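The structure appears right after this line, and notes come after that.
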Amino acid sequence: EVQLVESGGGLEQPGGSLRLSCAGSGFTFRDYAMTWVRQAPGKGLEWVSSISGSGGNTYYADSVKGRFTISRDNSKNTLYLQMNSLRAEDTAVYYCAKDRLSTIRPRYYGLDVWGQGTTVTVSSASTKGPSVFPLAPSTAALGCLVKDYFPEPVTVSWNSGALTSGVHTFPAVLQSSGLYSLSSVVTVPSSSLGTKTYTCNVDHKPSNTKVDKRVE
Amino acid sequence: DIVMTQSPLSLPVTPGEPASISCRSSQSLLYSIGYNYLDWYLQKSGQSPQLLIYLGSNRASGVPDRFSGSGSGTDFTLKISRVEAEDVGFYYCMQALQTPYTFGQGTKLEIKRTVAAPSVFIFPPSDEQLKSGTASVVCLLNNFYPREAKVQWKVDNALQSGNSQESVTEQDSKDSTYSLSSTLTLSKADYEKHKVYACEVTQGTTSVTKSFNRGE
């Protein structure tokens, strides 16, 4: 499978800078223009930038011209986005996508493959890793409460991703403290509460907080 | 900039019924005969956008029979011949005729189903959290329909206001229901000044209350 894996997102001050990366595998990277598309929290999609296969040409949205600089390293199958003079409006998930074939006239197959994205938050506040607290009670519910973290995002899985059915991981809410709090729950057979362990796997990359909490 | 406008923004559909999402562009997207530079994308909740259709009517790799695109120049239609529950999500059009690529505002496909009352669960604060100085009490509404439900916290039967936040998942891809989490946040001191903690969930004129006694 063609795959794109983005990295490099996190928190930075207004005015500050960060670089994003996107590693491609499964295709001839240098053959294709490569594109960045972003999504501000609860908004639609917005195109940011593209760069032809060879790197002959670059293309930018009006609002990012000059302060953002796209690049690629074809020898490492890697796209880059240098994001300088950061603004509140640049807070978004940033996706990379494979774009047109760079034949004398390029051939276009859509934005056929997209990365999983990387979240960028532009704020004057500081990083804070979450606490993880258990949510203890023919069906039982259990959960974890991931409280008091900044910035977004956090990921939650259960039993290292084995447990998928019945899981609800909720949109975080921003408290008045300016910190996020999220819950993740699962419904499980009540019968097996003594014969089976349930562990929430919490990751908050911006703080390098990776926690596994057994819920009893 | 080419302006793309989508109709409707919200599409409630019964599984098995057709759906049709329309896109108008402010400039013609017909580059050459058979080459209309319009794409359709689907973004499911908590996932990346995925390509459905490119160049107006070409179905991308691994996309079901059920999806098709048509149109020319300034008017385009994505069609779903028979909607399934797993189709829930946001649909965007995008032109790739010119940079910047530009997106429609998004259409949220919502699945219509029968009413389902929530399984309700209440979670007291963990002893681990209490040790910090704060109590979060959590109320889970599991798998309900429709979206509209009212959560009312009650502390020793006094109705709480302004000290709770809630959030809701997107419709489930299998059962088309929502879930909701509500958090009541008290100081440890306030939490310990009261006995009965109650979450009352109302749908229509029916109200279901789960509670616990801090003491017991």
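Lettering: A, B, C, ... assigned in the same order as the sequence lines. Residues displayed in chain A correspond, in order, to the PDB entry positions 1-102, 104-138, 146-224. Residue numbering for chain B follows the PDB entry, covering 1-216 in order. So how was this one determined? The header says X-ray crystallography, 1.9 Å.
Per PDB records, the drug at chains A and B is named dupilumab.
The PDB entry assigns chain A the name Dupilumab Fab heavy chain. According to the deposit, the name of chain B is Dupilumab Fab light chain.
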